[PDB]
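Notes follow the structure.
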Amino acid sequence: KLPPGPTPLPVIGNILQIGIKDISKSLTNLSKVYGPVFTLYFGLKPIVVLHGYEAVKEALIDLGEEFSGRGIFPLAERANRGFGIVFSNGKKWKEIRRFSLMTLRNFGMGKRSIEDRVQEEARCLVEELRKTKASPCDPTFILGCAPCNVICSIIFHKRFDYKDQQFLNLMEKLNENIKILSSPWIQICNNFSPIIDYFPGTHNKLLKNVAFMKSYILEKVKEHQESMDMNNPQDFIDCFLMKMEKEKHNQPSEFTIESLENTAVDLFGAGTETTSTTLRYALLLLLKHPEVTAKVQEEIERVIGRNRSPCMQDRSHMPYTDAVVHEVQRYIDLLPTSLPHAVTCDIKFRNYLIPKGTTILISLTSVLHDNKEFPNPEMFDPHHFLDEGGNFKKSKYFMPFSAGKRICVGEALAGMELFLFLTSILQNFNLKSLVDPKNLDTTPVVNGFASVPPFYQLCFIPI
Ligand code: HEM
Ligand SMILES: CCCCc1nc(Cl)c(CO)n1Cc1ccc(-c2ccccc2-c2nn[nH]n2)cc1
Ligand SMILES: CCCCc1nc(Cl)c(CO)n1Cc1ccc(-c2ccccc2-c2nn[nH]n2)cc1
Ligand SMILES: CCCCc1nc(Cl)c(CO)n1Cc1ccc(-c2ccccc2-c2nn[nH]n2)cc1
Ligand SMILES: [K+]
C-alpha cells in the first residue's frame, strides 16, 4: 500500500486541511498523528512526506538513487523550467549535474580559483559598505549584489560594477522572477490545476524575464567562442564549449547551446537569492546577539588580523565563526521542505510501496530543528555547533542544503561566500542597530514554502 495519511476528500484531496500559510508547520502537525512517513493528496496527486532524521536519511541517503528524481508540478512546464539542472530528470540531469559539479570545483575552471573570485567580491562588498558612510541602511540590495556578482564571474569570467546597467537589470529580472515565484498563488494554487494556466500574464512576465537573461547569456557565449583558448578555459562557458567540442561525436548531446543558457539561468536562480537572504539574515542575527558578533571579531583579529583578506584556510582556525555560520543556516531554515523529489522506480520503504514518479516532500525543518540533536532548536545559539571545549561540532543533522544525490550544487560555493563575506564584513565594521537589540524580532516570516527575515536597518561603522 501507500503510507497512511489523513483520508482525502474526493478530488481536492487533502487541500483544505493543509495550512497553506506555513506548510512546514502543517507537515509537522501531521507527523504528530501519522508519524514520520505519511501520504497527502494535492488533487489526486499523491505526495509522500518524510519527517525526521531517520526517515530522511534512509530515503535520501540509503535509498539515494531511488529518491533522486525532481518532483514535477504544472509550474515546471509553465515557466519552462525542466531543461537545466534544478528541474531536470534522468540522463539530462545526471550529466549536466556531474559536469557542473566538476566545473565548480575550486580549480575547476583554469588558473583563477573560485576562492579568488569570491575574495575579490568580498573586497568590493566592503568598499560599497564604506560608501554608505555609516548612515542607516537596508542592506538588502548591497548583500544581493555580492552573490549575483560571484555567479557572473563564475560564468562570464568578469565581475561587474555595482552600477553597470547590464548588472542592474540582470538583477532586476532575477529579483522580479524570484518575488513572483514565491507567491503562494504561483507556487501552490496554480498547481491545483493540471491543465488550465490561471495566471497567464504572470507566466508571461516570467518567461519574458528569462528571455532577456537567456539572450544576454548568448551574447557572452558568442564572445567566448570568437576568443576561445582550448588550453586556457577561464569560466563556466569556456568549460561548456569544450565539453561540446568534444561531444561533437556523441550526437545528439545533452550539451548544447540551449542546455547551456538554461544551465546558466538555473545557476543565477539557485545561486543568488538564498545566499543573499542568508547573509541578510546573518547580519540581522548578529545585531540581535552582539556578544556573538564580538566573539567572531576576536577570532578574526587573532587569526586573520586587519591586513589581508580572509581565506578559506582560516576557517579550520575559527571554529566559533564556523559554528555561527552553521547556526545561522540551521536556525533560519530557508527551504523548509527543500525542493520536491520524485522516486525513480517503484519501491518498498520500510513497509510501503511507493510508485515510480510519486512526489516526495522532504521536511528539512524536522532535521534542522530536531530538539534532541539541537536542544531549544528555536533559539539561535551557535553552541548548537560547539563541544563543551569550544571546538567545532559537526552534525549529521546539518542539512540546510538537503542530502543525497540532489544535495545543493552550490554547497561549497555558498559555504565560501558566507564565510568570506561575513568575516570580511565584521573585520572592517561594527554593526549599529537603530532600535534596541531587545526589541528587534528575528523570527522567520514564512509565506507558504518561503522563509524570509523581517525588514530592518542598520549602520556599518568602520573600525
Ligand atoms: C545558502 C545558499 C544555498 C542554500 C541554503 C541552498 C540550498 C539548496 C537546496 C535545499 C537545494 C535542493 C536540493 C534537493 O533537491 O533536495 C538546492 C538545490 C540547488 N542549489 Fe542550492 N542553495 C544555496 C546556494 C546555491 C548556490 C550558491 C548555487 C550555485 C551553484 C546553488 C545551486 C543549486 C543547484 C544547481 C541546485 C539544484 C540541485 C539538483 O537538483 O541537482 N545553490 N540548494
Ligand atoms: C498578458 C501578457 C502580459 C505579460 C506581462 N509582461 C509584463 Cl512585463 C507585464 C507587467 O504586468 N505583464 C502583464 C501581467 C498582468 C497581470 C499579472 C498579475 C498580477 C497579480 C495577480 C494576477 C496576475 C495575472 N496574471 N495573469 N492573469 N492575471 C502579471 C503580469
Ligand atoms: C532571469 C531569470 C531568473 C531566475 C529564474 N526565473 C525563472 Cl521563471 C527560472 C526557471 O525556474 N529561473 C531560474 C531558477 C532556477 C532554480 C530556482 C531554485 C533553486 C534552488 C532553491 C529554490 C529555487 C526556486 N524555484 N522557484 N523559486 N525559487 C529559482 C529560479
Ligand atoms: C517544480 C518546482 C517545485 C516547486 C513547487 N511548486 C508547487 Cl505547487 C509545490 C508544492 O508542493 N512546490 C514545492 C516547493 C518547495 C519549496 C519551494 C521554495 C522556493 C523558494 C525558497 C524556499 C522554498 C522552500 N523549500 N522548501 N519549502 N519551501 C518552492 C516549491
Ligand atoms: K491577463
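Here chain A follows the PDB entry for its numbers: 28-490, in order, are the residues you see. Every number for a ligand or one of its atoms is a count from 1 in the order of the listing.
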If you look at ligand 3, which of sunitinib, devazepide, roniciclib, taniborbactam, losartan would you identify there? losartan
Of all chains in the model, which has more heavy-atom pairs under 4.5 Å to losartan (ligand 3) than the rest, named as the PDB entry has it? Cytochrome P450 2C9
Which residues would you count as binding losartan (ligand 3), with heavy atoms within 4.0 Å? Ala106, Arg108, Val113, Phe114, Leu201, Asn204, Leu208, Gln214, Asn236, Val237, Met240, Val292, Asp293, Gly296, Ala297, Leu362, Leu366
Identify the closest protein heavy atom to atom 27 (N) of losartan (ligand 3): which residue and atom is it, and at what distance? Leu208 CB, 3.7 Å
What residue and atom, counting heavy atoms only, is the protein's closest point to atom 14 (C) of losartan (ligand 3), and at what distance? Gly296 CA, 3.7 Å
Got the closest protein heavy atom to atom 20 (C) of losartan (ligand 3), with its distance? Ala297 CB, 3.9 Å
Report the source organism for chain A from the entry. Homo sapiens
Residue and atom name of the nearest protein heavy atom (relative to atom 15 (C) of losartan (ligand 3)), distance in Å to one decimal: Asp293 OD1, 3.2 Å
Compute the shortest N/O to N/O distance between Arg108 and losartan (ligand 3) and return yes if it is under 3.5 Å, no if not. yes
Shared residues: UniProt heme-binding in chain A, heavy atom under 4.0 Å from losartan (ligand 3): none
If you measure every N or O of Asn236 against every N or O of losartan (ligand 3), does any of those distances drop under 3.5 Å? no
Go through losartan (ligand 3) atom by atom and flag the ones less than 4.0 Å from a non-hydrogen atom of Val113. 16 (C), 19 (C)
